[PDB]
Visitor: 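Please find one structure pasted underneath; my questions will follow.
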Amino acid sequence: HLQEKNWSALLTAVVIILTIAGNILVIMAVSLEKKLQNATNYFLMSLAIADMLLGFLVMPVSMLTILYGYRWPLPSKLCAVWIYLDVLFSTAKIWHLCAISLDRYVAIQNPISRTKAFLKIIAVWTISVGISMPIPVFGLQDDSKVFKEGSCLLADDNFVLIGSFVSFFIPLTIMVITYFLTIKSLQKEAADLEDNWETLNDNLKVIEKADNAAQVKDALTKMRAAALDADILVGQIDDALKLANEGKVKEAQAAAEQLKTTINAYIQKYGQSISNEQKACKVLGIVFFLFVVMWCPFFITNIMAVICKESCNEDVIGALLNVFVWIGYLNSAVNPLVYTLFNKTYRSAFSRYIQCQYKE
Ligand SMILES: CN1CCN2c3c(cccc31)[C@@H]1CN(CCCC(=O)c3ccc(F)cc3)CC[C@@H]12
Ligand SMILES: CC(C)CCC[C@@H](C)[C@H]1CC[C@H]2[C@@H]3CC=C4C[C@@H](O)CC[C@]4(C)[C@H]3CC[C@]12C
Ligand SMILES: CC(C)CCC[C@@H](C)[C@H]1CC[C@H]2[C@@H]3CC=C4C[C@@H](O)CC[C@]4(C)[C@H]3CC[C@]12C
Ligand SMILES: CCCCCCCC/C=C\CCCCCCCC(=O)OC[C@H](O)CO
Ligand SMILES: CCCCCCCC/C=C\CCCCCCCC(=O)OC[C@H](O)CO
Ligand SMILES: [Mg+2]
């Protein structure tokens, strides 16, 4: 049933090549660059493996169906295995994004490891293997579940409805909530730090203008409390407090000037740590946004088709969905570009590997 009228097959092969190339560069950058050895970038590498296996195993079979007028050319029991691999890789992807969002949030609230990251990644893959499992279990026993007019697709309306809910809308919702609370957490952490900075800076000025021990002691006690809210400084403040208690006003004032170097060092370090987390959250927010928006047409159209079953042209719906599948496959090529545009470490690593300089 081969059709030679397929300029679409040129555009799909581009999407396969951008997907495989981009994701190998992500996989090599997390493998080789120490500056990317962290839990977030381990999940982004697992995401890249899911994208790479879509480009090798799922996307070329999808191109093969376009060439034969969406008439399944492979043996008939490979249809349910193809859909299984297709739904598993993308389900693993949305639970990866949702695992990154939740991990970052929990990491702020619990301020206190490769193995912990690999436990979570492996848990996300097992969760996606088990939830996607009804597709081959029922679809290999009943062709009517994975075939409509000799097209291979998920043909049971109930798998599409229940599947979209448990594998798209629920983890999207968890992703959206945990991302929003992460942005509020980080704004509050930046805000509490600035408040602590004002209290420390103002008290240092009081100690500087002090003529009496009581003023220095009151200011240093207030400084100690602020330091606890944000240690090495707390001990240094206690030494300055001891001088003030024994009436050594001048000596305590000098010790307070010594505190300034410790205060400035910590403030700048914790303050540039928080703006690193905020920038990281923004890039993840582009990844998150582009994964949902690119898959939204396919899911919403497919839910509209179930709702207006009798009333709507299923031939036009099936044509649009075929297009909409490829907007979703194009997302497999976007994550590496996003990292090039907004992460210098990824841009630098990609630049060397393309030049085949694999040495650190
Ligand atoms: C008309 N028609 C075209 C062919 N196509 C098709 C399917 C079902 C019904 C109708 C179909 C199949 C779906 N496949 C994409 C699955 C996306 C997914 O599982 C997922 C999970 C979680 C996510 F967060 C985001 C995406 C593309 C290939 C098949
Ligand atoms: C079952 C198939 C489909 C996917 C299974 C996922 C496995 C193979 C993947 C997902 C995430 C991956 C890890 C992600 C991070 C790192 C650290 C890096 O410096 C070297 C590779 C290493 C150690 C990877 C090893 C393999 C890994 C655990
Ligand atoms: C929400 C955004 C991001 C994209 C989603 C697009 C969805 C909601 C819209 C866009 C165009 C729409 C289609 C336009 C016209 C027709 C022809 C009619 O006989 C059957 C329904 C059908 C096929 C519509 C179904 C819903 C549809 C697919
Ligand atoms: C095939 C075998 C694997 C499948 C089953 C594996 C399940 C492991 C789940 C979690 C590990 C991570 C927990 C350890 C990390 C400590 C930090 C912490 O507080 O995490 C708790 C949670 O993230 C906030 O509620
Ligand atoms: C005796 C045989 C009866 C067989 C059962 C018939 C009725 C059960 C309905 C749904 C099953 C579970 C579906 C949810 C999980 C599988 C689908 C999935 O993961 O999602 C697909 C994808 O997300 C969508 O585009
Ligand atoms: Mg003030």
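In what follows, residues are counted from 1 in the order of the sequence shown. Values below: all heavy atoms of this structure, side chains included; hydrogens, waters and symmetry mates excluded. In each ligand, atom 1 is the first atom listed, and ligand 1 is the first ligand listed.
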Visitor: Looking at this structure, what macromolecule is in contact with ligand 1 the most, according to UniProt?
Guide: 5-hydroxytryptamine receptor 2A
Visitor: Give the PDB name of the drug at ligand 1.
Guide: lumateperone
Visitor: Please work out whether any backbone atom (N, CA, C, O) or any side-chain heavy atom from C-beta onward of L172 is under 4.0 Å from lumateperone (ligand 1), and answer side chain, backbone, both or neither.
Guide: neither
Visitor: So, looking at lumateperone (ligand 1), which transmembrane segments of chain A come under 4.0 Å by a heavy atom? UniProt numbering from the N terminus, please.
Guide: 3, 5, 6, 7
Visitor: Would you mind listing which atoms of lumateperone (ligand 1) come within a distance below 4.0 Å of any non-hydrogen atom of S167?
Guide: 22 (C), 23 (C), 24 (F)
Visitor: Side chain or backbone of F299 under 4.0 Å from lumateperone (ligand 1), or both, or neither, by non-hydrogen atoms?
Guide: side chain
Visitor: Can you tell me which portion of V87 lies within the under-4.0 Å heavy-atom range of lumateperone (ligand 1)? Options are side chain, backbone, both, or neither.
Guide: both
Visitor: In chain A, which residues that UniProt lists for serotonin binding have any heavy atom less than 4.0 Å from lumateperone (ligand 1)?
Guide: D86, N302
Visitor: Looking only at N/O atoms, are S90 and lumateperone (ligand 1) under 3.5 Å apart anywhere?
Guide: no
Visitor: Could a heavy atom of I83 be found less than 4.0 Å from some atom of lumateperone (ligand 1)?
Guide: no
Visitor: Please state which protein non-hydrogen atom is closest to atom 8 (C) of lumateperone (ligand 1) and give its distance, to 0.1 Å?
Guide: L154 N, 3.4 Å
Visitor: Provide, to 0.1 Å, the distance between atom 15 (C) of lumateperone (ligand 1) and the closest protein heavy atom, together with that atom's residue and name.
Guide: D86 OD2, 3.2 Å
Visitor: I'm trying to map the binding site of lumateperone (ligand 1) - which residues have a heavy atom under 4.0 Å from it?
Guide: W82, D86, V87, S90, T91, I94, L153, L154, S167, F168, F291, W295, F298, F299, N302, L321, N322, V325, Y329
